[PDB]
Amino acid sequence: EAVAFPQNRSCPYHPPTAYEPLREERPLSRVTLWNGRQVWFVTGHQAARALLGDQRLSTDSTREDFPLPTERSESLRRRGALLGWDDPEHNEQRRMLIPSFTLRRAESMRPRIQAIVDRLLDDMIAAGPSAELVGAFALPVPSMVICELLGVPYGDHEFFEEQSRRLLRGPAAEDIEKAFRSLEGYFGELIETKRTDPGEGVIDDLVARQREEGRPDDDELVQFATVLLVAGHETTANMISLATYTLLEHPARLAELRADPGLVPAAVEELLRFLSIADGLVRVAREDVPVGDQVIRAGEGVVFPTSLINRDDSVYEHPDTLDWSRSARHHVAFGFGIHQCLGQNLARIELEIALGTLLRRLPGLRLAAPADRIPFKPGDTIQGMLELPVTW
Ligand code: HEM
Ligand SMILES: COc1ccc(Cc2nccc3cc(OC)c(OC)cc23)cc1OC
């Protein structure tokens with residue numbers, strides 16, 4: 001009768017079935033972790049937005065009291081740049097990157113994103129009448145965009161796409177570490193190069209702050225480049241793959257987007273909301289935080305089940321249904337407040353161009369395998385498809 005967290009989805013595009021009873025307990029419920037530790041489970045949309053702006057919640061997975069949802073994550077110590085930091089140190093870091101992630105900067109990259117998407121679909125269409133869309137499209141689009149974002153030179157695009165793929169797919173754990181060391185090593189060299197080279201992108205922008213205000217040291221700069229890739233790659237890739245699967249499993253919603261390409265921006269917001277692939281943001285209370293007449297005591301864990309929060313029926317009528325006309329505004333698929341996704345302006349435009357161009361170019365797109373033989377991620381990680389066999 002106590003509900004374990006995290007759990008696997010049964011259906012790639014719905015929250016795990018066991019959480020259903022807890023949806024009625026707003027704004028706070030509770031779940032049990034692998035070791036019997038109980039944590040708060042924020043089911044209320046308004047409560048979730050208020051808590052995610054609260055400086056008394058911490059992302060510091062270095063603390064002995066930080067809830068590690070799995071036994072496997074028990075090995076989490078170094079603090080990860082931006083997300084693994086509290087303010088003021090977190091804001092100091094974010095302030096240096098924010099100017100690279102304006103909506104104007106997002107908008108300026110449309111033609112570069114269009115060219116990446118067009119090149120990958122041209123290659124996929126030329127290669128044959130079927131594809132594994134995760135490897136052929138969903139995985140390389142976001143890593144190639146992050147190339148353009150960071151200012152990786154064209155000649156290095158292949159190496160970068162490959163090493164970023166090993167990072168996610170790494171046949172062996174040794175491939176994941178070699179890829180990581182290879183990219184950190186590579187970012188090191190590219191910073192020296194960009195000292196004695198021109199360059200547009202986040203890396204040149206941070207070489208500029210460095211000179212102009214001593215600001216990012218070279219090790220910090222490498223950490224920023226690494227987290228940007230890691231935060232930007234699988235999230236975007238999994239939205240492309242699971243959005244596609246989901247669209248193919250809802251023929252009448254897919255037909256409305258084919259009919260009216262103008263709906264695609266609204267559709268991307270509704271898919272972010274409905275899919276909520278960044279499921280289960282984790283905090284610990286540093287101090288007592290009240291919510292109504294309930295108190296989250298110092299040292300107690302707080303889990304934000306993105307997928308349920310984005311299906312709060314006091315905000316979204318018929319929340320478990322895909323609807324292109326119902327405002328998906330104020331969704332928390334990119335989080336909210338202190339740690340709200342830095343790359344969300346860019347992510348939205350990648351999704352709009354990737355899905356918009358796929359639909360335009362491949363009107364016959366359909367699953368090339370039965371939908372229940374297609375593997376998807378377990379409950380303890382970013383949700384999404386591991387493969388997506390398609391034909392057209
Ligand atoms: C569909 C794509 C994406 C989704 C669904 C997504 C989701 C999220 C979420 C939910 C958070 C908040 C995590 C928490 O509060 O615990 C986050 C943070 C972040 N995301 Fe994204 N994200 C996406 C794309 C990207 C991209 C493209 C970048 C590119 C650089 C990026 C960089 C970041 C960074 C740096 C943070 C930490 C911000 C901070 O600590 O202040 N993300 N993302
Ligand atoms: C800056 O640090 C990061 C930022 C984002 C990510 C990717 C990510 N973003 C938001 C929510 C996430 C939520 C996740 O699990 C529920 C997850 O599993 C690997 C990755 C997530 C990884 C990061 O690396 C530690």
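The residues of the chain are indexed from 1 along the displayed sequence. Atoms within a ligand are numbered from 1 in the order they appear, just like the ligands themselves. Side chains are part of it too, since the values below use all heavy atoms of this structure and drop only hydrogens, waters and symmetry mates. Header says: X-ray crystallography, 2.1 Å.
Taking the chain with most contacts, the partner of ligand 2 here is, per the PDB entry, Cytochrome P450 hydroxylase. Among the options stanozolol, indapamide, zolpidem, ciprofloxacin, papaverine, the match for ligand 2 is papaverine. Here the protein heavy atom with the shortest distance to atom 2 (O) of papaverine is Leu83 CB, 3.9 Å.
Residue-level proximity to papaverine for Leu82 is absent, since no heavy atom of it falls below 4.0 angstrom. Residue-ligand proximity, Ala278 to papaverine, at heavy-atom distances under 4.0 Å covers atoms 11 (C). Of all protein heavy atoms, the one closest to atom 25 (C) of papaverine is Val230 CG1, 5.0 Å. Residue-level proximity to papaverine for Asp380 is absent, since no heavy atom of it falls below 4.0 angstrom. The closest protein non-hydrogen atom to atom 14 (C) of papaverine is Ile382 CG1, 3.9 Å.
Distances from papaverine to the non-hydrogen atoms of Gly80 include no value under 4.0 Å.
For atom 5 (C) of papaverine, the closest non-hydrogen atom on the protein side is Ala231 CB, 3.4 Å.
Within the 4.0 Å heavy-atom criterion, the part of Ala81 lying near papaverine is the backbone and not the side chain. Proximity of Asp279 to papaverine is established by a heavy-atom distance of less than 4.0 Å. Covalent attachment: none from papaverine to a chain. Closest to atom 9 (N) of papaverine, if we only count protein heavy atoms, is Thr235 CG2, 4.2 Å. Binding site of papaverine at 4.0 Å (heavy atoms): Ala81, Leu83, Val227, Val230, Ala231, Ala278, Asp279, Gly280, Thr381, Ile382.
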